[PDB]
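Structure showing bortezomib (bound form) engaged by Proteasome subunit beta type-1.
Chain A is the first sequence line, chain B the second, and so forth, proteins listed ahead of strands; every chain is numbered from 1. One-based numbering, in listed order, for ligands and for the atoms of each. Only a slice of the deposited entry appears, and the contacts counted are all within that slice. Computation of the quantities below employed the complete heavy-atom set of this structure, encompassing side-chain atoms and omitting hydrogens, waters and symmetry-equivalent molecules.
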Amino acid sequence: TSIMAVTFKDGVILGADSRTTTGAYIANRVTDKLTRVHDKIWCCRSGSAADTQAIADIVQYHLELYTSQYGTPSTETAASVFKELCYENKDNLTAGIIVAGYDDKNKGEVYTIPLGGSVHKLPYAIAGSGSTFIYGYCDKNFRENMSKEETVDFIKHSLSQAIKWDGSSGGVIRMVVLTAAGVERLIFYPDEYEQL
Amino acid sequence: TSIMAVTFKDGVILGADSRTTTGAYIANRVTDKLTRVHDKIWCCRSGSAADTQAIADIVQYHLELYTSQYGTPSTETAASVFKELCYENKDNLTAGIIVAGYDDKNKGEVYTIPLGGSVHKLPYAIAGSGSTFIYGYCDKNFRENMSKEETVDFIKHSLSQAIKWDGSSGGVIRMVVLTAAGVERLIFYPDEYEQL
Amino acid sequence: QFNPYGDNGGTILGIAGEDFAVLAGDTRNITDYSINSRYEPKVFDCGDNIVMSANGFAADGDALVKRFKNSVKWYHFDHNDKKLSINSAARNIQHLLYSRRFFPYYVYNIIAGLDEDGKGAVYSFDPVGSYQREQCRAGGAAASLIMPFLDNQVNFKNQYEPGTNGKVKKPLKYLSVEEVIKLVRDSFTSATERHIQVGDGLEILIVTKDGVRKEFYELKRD
Amino acid sequence: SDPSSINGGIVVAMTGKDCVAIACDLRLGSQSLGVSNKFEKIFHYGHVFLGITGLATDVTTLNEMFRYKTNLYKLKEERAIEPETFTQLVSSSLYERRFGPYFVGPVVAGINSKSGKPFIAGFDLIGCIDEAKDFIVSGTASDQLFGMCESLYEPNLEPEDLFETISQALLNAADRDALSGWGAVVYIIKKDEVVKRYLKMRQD
Amino acid sequence: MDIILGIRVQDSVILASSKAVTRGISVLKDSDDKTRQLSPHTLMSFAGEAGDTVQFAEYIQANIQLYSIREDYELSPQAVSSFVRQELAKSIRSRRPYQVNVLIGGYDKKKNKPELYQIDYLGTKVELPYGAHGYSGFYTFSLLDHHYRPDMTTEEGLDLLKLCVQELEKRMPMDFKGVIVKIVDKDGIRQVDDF
Amino acid sequence: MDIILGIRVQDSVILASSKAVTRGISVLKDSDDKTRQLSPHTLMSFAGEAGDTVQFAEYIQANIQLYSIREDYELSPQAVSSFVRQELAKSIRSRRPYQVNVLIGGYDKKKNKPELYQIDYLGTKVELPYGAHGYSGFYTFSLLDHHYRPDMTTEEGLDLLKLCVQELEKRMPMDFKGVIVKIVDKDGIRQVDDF
Amino acid sequence: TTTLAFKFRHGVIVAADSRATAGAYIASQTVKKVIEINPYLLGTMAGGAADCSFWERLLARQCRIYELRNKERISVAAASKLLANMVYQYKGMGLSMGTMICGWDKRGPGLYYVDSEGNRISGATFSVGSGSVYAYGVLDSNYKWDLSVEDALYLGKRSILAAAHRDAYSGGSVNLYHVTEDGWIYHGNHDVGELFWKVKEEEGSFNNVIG
Amino acid sequence: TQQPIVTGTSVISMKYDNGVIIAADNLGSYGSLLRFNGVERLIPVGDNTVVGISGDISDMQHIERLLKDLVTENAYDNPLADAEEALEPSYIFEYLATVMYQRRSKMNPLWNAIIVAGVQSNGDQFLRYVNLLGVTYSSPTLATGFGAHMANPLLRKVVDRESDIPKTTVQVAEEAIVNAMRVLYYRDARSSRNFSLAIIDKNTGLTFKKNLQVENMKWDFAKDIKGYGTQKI
Amino acid sequence: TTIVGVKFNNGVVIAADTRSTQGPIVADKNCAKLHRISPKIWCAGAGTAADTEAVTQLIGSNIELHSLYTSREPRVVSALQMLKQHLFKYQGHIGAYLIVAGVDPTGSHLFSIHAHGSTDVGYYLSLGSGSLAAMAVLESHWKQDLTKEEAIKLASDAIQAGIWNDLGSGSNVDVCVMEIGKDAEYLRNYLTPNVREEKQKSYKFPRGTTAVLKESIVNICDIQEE
Ligand SMILES: *[B]([O])([O])[C]([C][C]([C])[C])[N]C(=O)[C]([C]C1=[C][C]=[C][C]=[C]1)[N]C(=O)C1=[C]N=[C][C]=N1
Ligand SMILES: *[B]([O])([O])[C]([C][C]([C])[C])[N]C(=O)[C]([C]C1=[C][C]=[C][C]=[C]1)[N]C(=O)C1=[C]N=[C][C]=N1
Ligand SMILES: *[B]([O])([O])[C]([C][C]([C])[C])[N]C(=O)[C]([C]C1=[C][C]=[C][C]=[C]1)[N]C(=O)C1=[C]N=[C][C]=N1
Ligand SMILES: *[B]([O])([O])[C]([C][C]([C])[C])[N]C(=O)[C]([C]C1=[C][C]=[C][C]=[C]1)[N]C(=O)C1=[C]N=[C][C]=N1
Ligand SMILES: [Cl-]
Ligand SMILES: [Cl-]
Ligand SMILES: [Mg+2]
Ligand SMILES: [Mg+2]
Ligand SMILES: [Mg+2]
Ligand SMILES: [Mg+2]
Ligand SMILES: [Mg+2]
Ligand SMILES: [Mg+2]
């Protein structure tokens with residue numbers, strides 16, 4: 001799995017591959033790992049598919065109930081709910097989640113939640129088995145306040161390499177753009193990103 | 001450990017960090033992992049320090065004896081001797097070696113020998129625990145027929161990132177330049193390469 | 001850890017007649033839930049009117065057969081082209097098997113032919129060389145499915161003569177080659193239905209004083 | 001150690017023309033030791049017959065359990081339970097112990113009193129139903145019984161012919177199993193008469 | 001504990017149980033009675049792990065005695081054996097099962113027949129003419145299979161029992177220190193004081 | 001095998017060894033002699049794993065008999081015991097050690113003294129007035145510690161041995177089927193045919 | 001498996017069942033567990049069929065070269081000892097053998113028990129195999145030295161039957177042998193199925209079984 | 001006893017009317033890392049045989065050297081080395097099968113699965129499999145690893161039995177192989193897009209194709225897949 | 001086991017083989033792996049047979065009560081959600097691997113469910129030991145905008161691939177078609193490519209062949225009057 005979330009001038013973009021594996025067998029080659037827990041709060045999922053789905057479903061329930069009572073929750077609040085589940089059930093879970101969202105006040109924000117259930121707010125984050133191979137590339141090429149087009153290229157190039165080297169990563173590159181303008185879904189196919 | 005060898009226009013350059021560890025303790029912070037088996041055939045060592053030293057010593061003996069009888073051996077021949085030791089004693093060894101050398105006929109050549117004892121001739125090679133983090137960076141930035149200055153920068157930037165992310169890598173960056181002009185040793189300290 | 005053994009499935013069946021003998025076996029070769037081959041011969045003509053099949057781990061079975069064929073060749077060289085009798089072959093095979101007592105051939109072997117009186121003969125072996133002459137014997141994966149059927153239909157076990165009610169047994173009347181081949185085909189067709197490693201094809205080798213003849217029959221390929 | 005093969009035993013059932021047959025061996029053992037030659041494995045609740053193989057304590061327990069449940073069924077429903085309905089009750093009762101199961105191999109046999117249709121079914125230890133048209137097998141010689149039934153069986157047999165077929169299937173399967181034998185019983189079941197026959201077999 | 005035997009004859013049930021109690025390499029006792037009277041015409045012998053045996057036997061005894069008082073009536077040996085079996089079949093799937101095998105010998109006063117039941121720790125019940133638990137039956141069953149008749153007298157049953165014990169004393173490696181023998185018949189339960 | 005005892009008295013050495021041989025739950029023999037005459041005035045009893053015991057004993061016997069023929073002279077019990085110990089101390093660091101414990105009882109004709117040596121499978125040798133191997137000494141040593149005198153007669157030694165055996169027969173769980181007793185003195189080796 | 005043998009006035013009786021088992025599956029019911037070493041020597045098989053068969057056939061070949069060299073038939077004691085020393089080399093290696101060596105030599109009738117553990121025991125009565133425990137009951141109760149050949153043959157046959165009935169891994173048929181000073185005599189193959197019913201009727205035994 | 005380090009995945013093959021086809025991708029994996037992208041796993045022996053190898057690459061390189069040495073040794077004192085006494089596919093296979101079984105019998109195997117594809121002197125098609133255990137078998141279609149599970153079913157739809165071989169052309173057979181390689185790229189997590197393909201025909205000889213790529217892939221339907229159940233956006 | 005699911009123009013089709021195994025033995029030759037959760041929501045199951053049956057009957061029961069409570073036809077996403085949460089709770093110990101398909105007021109749907117509780121969406125899916133053989137066919141022949149007739153053909157061809165090439169699969173092909181605006185048609189034994197050939201001989205015995213000891217009438221009737 002190769003997942004990442006990157007903040008930029010107008011907001012935040014989430015990115016992910018589409019491969020699910022049972023050992024060396026690809027159980028699903030068109031997986032959607034970018035999942036919605038609120039209108040403009042999304043998450044990237046890595047680890048157990050069952051665990052991360054069960055978590056995201058519970059979070060979507062909590063934030064739906066939060067909204068009915070207290071109005072739109074912050075991205076930090078969404079990350080806190082994820083954390084509470086991942087930390088308190090750390091013995092029984094295998095979930096590496098990146099939480100990303102857009103406020104008008106706070107703009108684009110990215111929180112990463114690794115295995116232990118710790119939370120880390122970052123300008124950008126990478127996770128999944130394939131992230132190991134692009135720590136160098138991403139650290140060298142990331143800039144703050146990039147444009148939408150620059151950020152899309154940064155994620156495309158990064159995940160392209162992660163897919164190239166990681167067997168557990170592959171298929172299409174899905175992306176989700178979170179800005180004031182709304183929510184845009186992007187997709188990039190092998191013929192496009194392999195030749196980069 | 002972070003080691004690499006890169007061919008370029010005038011020959012080949014070997015590069016390595018200087019860290020040796022016993023768990024999390026740094027047993028030596030100024031290690032020389034670039035070792036000479038012949039005048040213009042060197043190797044990069046990763047894995048067990050004892051195993052790789054014992055191998056390199058035996059290879060240096062074989063090539064010294066080869067030279068006395070048949071004259072200067074090729075880089076391919078040196079790689080074959082390494083392979084024979086690493087393959088036939090694979091059950092008892094933990095050695096990841098990169099062999100690099102300069103001929104006048106064949107110019108710069110790089111052979112990598114991973115754990116199994118297989119041989120792979122490449123334009124450039126990376127190995128060691130820290131190499132994982134720069135597969136993306138190196139693949140994106142490597143070009144054939146680079147200049148000496150470009151290749152030194154490529155290795156410096158690459159190992160800088162490998163060191164940054166890998167705990168088993170660190171200290172100084174050592175390099176060895178192999179050309180028709182001779183053998184040049186280079187060293188780069190933390191204050192220089194960390195700010196890159 | 002490296003496991004030097006495997007299981008290639010397969011099932012074999014040897015039946016001895018009054019003046020003939022048959023050795024049948026399916027042609028399917030497998031590992032786990034995969035099919036390797038739908039037609040991979042398993043019963044072989046070894047010379048001197050002897051047929052042989054070593055069922056179980058194919059690599060060990062191929063080696064044993066290969067070695068016995070070799071043993072027949074050298075028996076001719078060393079003893080003036082003398083014909084190797086079925087009882088002599090059987091004893092020789094024990095020593096081939098027991099030579100690896102502490103790293104066995106993982107196979108169940110059956111040979112068939114004619115004895116020195118011209119009567120049908122079948123011999124059965126365990127992996128380490130214990131052997132015995134038999135009239136009827138199935139070996140391999142579906143052996144437990146077939147043998148009870150042969151006890152009933154070849155040796156007339158638990159069968160008595162009507163009217164007497166358990167007092168007089170059914171008499172042991174001999175079977176012809178045509179009657180035997182019917183029992184062989186029905187045995188394998190039934191085994192194919194309930195055993196996943198049995199199917200694809202059935203190859204039968206019939207041995208008489210005239211020589212060794214073959215017959216092939218299709219089986220279900222699922 | 002394996003609960004399903006400590007006591008040993010076998011059960012087989014077959015359909016015929018307007019009839020069913022169910023049969024079992026009589027052995028109860030403690031592994032190699034033979035303990036009883038009178039341990040019948042076939043019970044009946046009205047006109048529905050149930051054979052049970054496996055761990056003997058569970059065989060006895062389940063019989064007492066289904067007697068309990070079928071007696072209450074009859075008091076409330078004011079009629080005897082039918083084979084199709086009983087089959088579902090067996091399945092339900094076994095699956096309720098999904099993670100602490102009874103180590104048994106039940107077999108149902110009987111004729112629906114209304115439709116007159118012959119019915120047999122088999123189960124795994126957890127309740128999965130195998131509703132076969134031809135035959136059902138269960139026990140330590142199930143492989144042997146599969147081979148015998150699959151070769152000897154033909155559809156639409158008359159009661160007195162079906163008796164010979166099922167008996168020969170059982171006897172010859174039992175004689176290739178160390179943990180089965182020591183006697184045998186065969187039930188021939190018709191819409192309104194049931195005959196029970198003890199078979200003569202080798203006692204080793 | 002070690003050896004418990006039972007034989008049902010014409011008009012009685014005879015139970016023979018070993019006298020030895022052992023903890024490791026030492027014989028603690030050589031006169032232990034491995035039996036409890038459940039009712040005036042029902043006797044239960046037992047063998048298994050230390051503690052479990054006596055705890056279970058006395059628990060069964062208390063329940064049957066309670067039933068007797070409540071109803072002013074003696075349960076049939078068949079009813080008792082079924083009660084015991086259910087308790088053991090209940091026990092086997094509990095957190096810590098009773099590791100006990102039992103023989104129940106009783107005289108049914110209604111049917112005027114002796115009855116012997118063999119029940120192991122799993123709750124496996126079987127009615128028998130003769131039975132044994134553990135390694136006992138391995139040595140004794142061949143003699144019982146040979147000599148047993150259902151019309152035997154009590155004296156003939158005791159002689160066949162002596163033969164079974166003599167074979168045990170010859171071929172068993174363990175010294176079980178002889179047996180206590182008890183007879184259950186129409187007149188109740190009594191102990192054979194010389195065996 | 002199970003119990004082997006030894007006691008050195010005034011003018012002789014007495015060895016008592018069990019008669020039983022056991023394979024699992026079955027007594028194969030009840031009249032086994034667990035001893036070999038090494039020389040006319042030296043006897044060795046033995047106990048340990050099946051095969052090893054007899055193979056070792058007969059190997060020692062053959063070596064001592066060979067020495068006797070070569071030199072036309074009987075080795076002293078001390079010399080024999082030292083030879084045996086070296087063979088066992090050699091054995092313990094071999095690929096497959098002999099799992100055998102022995103007692104060597106001999107009469108030294110030069111010193112006119114009986115001598116008893118205890119040697120275990122490791123090659124641990126000790127000269128004693130009385131000794132035992134395995135679980136034997138656990139039951140018998142308290143009686144020997146109490147009753148033993150070095151000036152005892154052979155008859156007194158046999159009576160003390162009967163007492164030791166009686167205690168074993170009471171408290172040991174295993175039936176060892178009595179003992180064969182042998183006496184080693186100036187006149188050679190003889191067996192007590194009634195014990 | 002049930003095998004037995006016992007010395008008596010008129011030689012030694014040797015009896016064995018014929019069942020071979022592979023788990024719960026009955027592989028064979030026609031196994032010769034008595035081995036013909038030489039016309040004056042017999043050997044029983046129990047445990048590993050392959051092991052017992054190979055080493056006892058190798059013994060017969062040892063015993064034969066002994067006869068050629070020494071112009072004399074080997075003793076039962078010497079034959080049993082050769083086997084014991086042969087199997088002792090492979091002790092701990094995994095061999096599984098339980099055998100009896102039966103014959104008549106200069107010392108009269110001889111009977112030795114030999115196993116893969118290393119035991120070698122001379123005795124008047126033995127029984128080895130999973131069903132031996134059942135057979136011993138019938139032997140010990142009815143065994144005498146003053147036994148007729150007819151009664152002795154029946155005792156060994158009846159003892160196997162007792163074990164074949166109770167032991168799940170014993171059965172099939174009974175093979176009988178009588179060993180005299182003029183050599184061994186085969187006394188036939190007896191199906192246990194037919195033999196059981198016959199003995200039940202004639203003797204009255206096995207009342208618990210219905211027939 | 002060892003463990004495989006750098007590994008090669010599926011090798012697939014089939015018979016057709018005039019010869020055999022064999023194929024394998026150019027990847028050398030290091031666990032989940034797709035480390036080496038230029039590895040040739042089809043090795044020709046003369047002009048009548050191609051040996052396809054999967055499993056451990058160090059052991060493959062060893063086998064490759066044994067075969068190279070075999071050709072050298074066959075030419076020694078052999079005037080008909082390029083004619084009647086040239087190496088046959090059956091000779092090459094039996095040699096490897098001998099080596100594989102001997103190595104497993106010393107508990108030190110060559111951790112490989114091998115398919116020898118070729119055409120004999122008399123024009124007969126040769127296709128046989130051997131692995132680290134010494135197990136051998138032959139079939140109209142053969143495949144190793146994942147290919148056994150995914151490729152064989154597809155190739156068996158073309159040649160289901162022996163009688164289908166004469167009815168199968170080289171164009172149809174190659175089409176089936178190339179399709180199978182695409183399916184393996186969809187579904188095998190240790191596969192690559194780049195592969196090599198070899199045809200050994202009894203008329204046109206040995207054709208060795210390098211640097212082939214999986215093309216005509218279907219991915220467009222991925223855009224319509226959203227979430228894992230209930231999600232609509 | 002081979003089970004598949006294929007979407008088409010105006011609906012969805014699922015299919016399955018009919019083999020049940022215990023080790024190398026076939027327990028049932030004509031097993032029914034297609035389950036009805038509701039009239040227009042069907043599910044194919046692989047893995048532990050009792051578990052796929054039990055979990056399907058339970059969720060189907062609760063789906064029926066839900067449909068009655070809400071006065072609405074049940075949705076596939078409801079069955080999907082109820083199944084995954086149930087299976088997740090039992091942490092994979094309930095060995096049910098399901099392909100859930102159906103039509104409802106929202107449209108046509110196709111999902112897969114694994115035993116640990118993970119779900120997946122697709123136009124074509126396959127589960128079981130023969131899923132690789134089936135998926136090879138689906139990846140080779142699937143296209144967008146399939147007709148009903150093309151989808152049934154593709155699905156049954158995928159099952160056949162499993163039947164012939166996977167030893168865990170065999171016998172017959174079962175199909176269920178769920179089209180929008182129509183009744184779901186359950187095609188039991190849609191294909192029958194594995195009928196056993198005629199036996200060479202008849203093994204019907206002469207009457208009196210078996211030895212008998214005792215005979216007796218069994219009283220199955222109740223206690224009688226008078
Ligand atoms: B990715 O590899 O982390 C991926 C992301 C997931 C949320 C779709 N996970 C998986 O593919 C996991 C296994 C795994 C592989 C590599 C690293 C960590 C975990 N697979 C599953 O959870 C799975 C597989 N088959 C069926 C159902 N679930
Ligand atoms: B490097 O980490 O591979 C390094 C290179 C070596 C040739 C100097 N190896 C080590 O530091 C090894 C341990 C190790 C760490 C990480 C990966 C693989 C191996 N250390 C030693 O061999 C060592 C440590 N302390 C004393 C002596 N030798
Ligand atoms: B007997 O039970 O010891 C018997 C004697 C042998 C010479 C035929 N042995 C076996 O049946 C053994 C298994 C076994 C059962 C009980 C105790 C010890 C061993 N089986 C085999 O020797 C065997 C040989 N070939 C095929 C199948 N089984
Ligand atoms: B298939 O192979 O997935 C199939 C689907 C099932 C719904 C009929 N499964 C089985 O056939 C399983 C295989 C299995 C065996 C052992 C443990 C777990 C799974 N079979 C059974 O569940 C089974 C076995 N015997 C009787 C009844 N059911
Ligand atoms: Cl997912
Ligand atoms: Cl170093
Ligand atoms: Mg990839
Ligand atoms: Mg089949
Ligand atoms: Mg039986
Ligand atoms: Mg009991
Ligand atoms: Mg028996
Ligand atoms: Mg029995």
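Bortezomib (bound form), all copies counted: located at ligands 1, 2, 3 and 4. At a heavy-atom cut-off of 4.0 Å, other chains contacting bortezomib (bound form, ligand 1): A, I. For bortezomib (bound form, ligand 1), the modeled covalent bond goes to A:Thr1 OG1. For chain A, the UniProt active-site residue nearest to bortezomib (bound form, ligand 1), measured heavy atom to heavy atom and given to 1 Å, is A:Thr1, 1 Å.
Other ligands and ions less than 4.0 Å away from bortezomib (bound form, ligand 1) are, by number and name, ligand 5 (chloride ion).
This deposit refers to chain I as Proteasome subunit beta type-2.
The binding-site residues for bortezomib (bound form, ligand 1) (non-hydrogen atoms, 4.0 Å) are A:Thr1, A:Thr20, A:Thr21, A:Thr22, A:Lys33, A:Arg45, A:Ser46, A:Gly47, A:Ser48, A:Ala49, A:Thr52, I:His114, I:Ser118.
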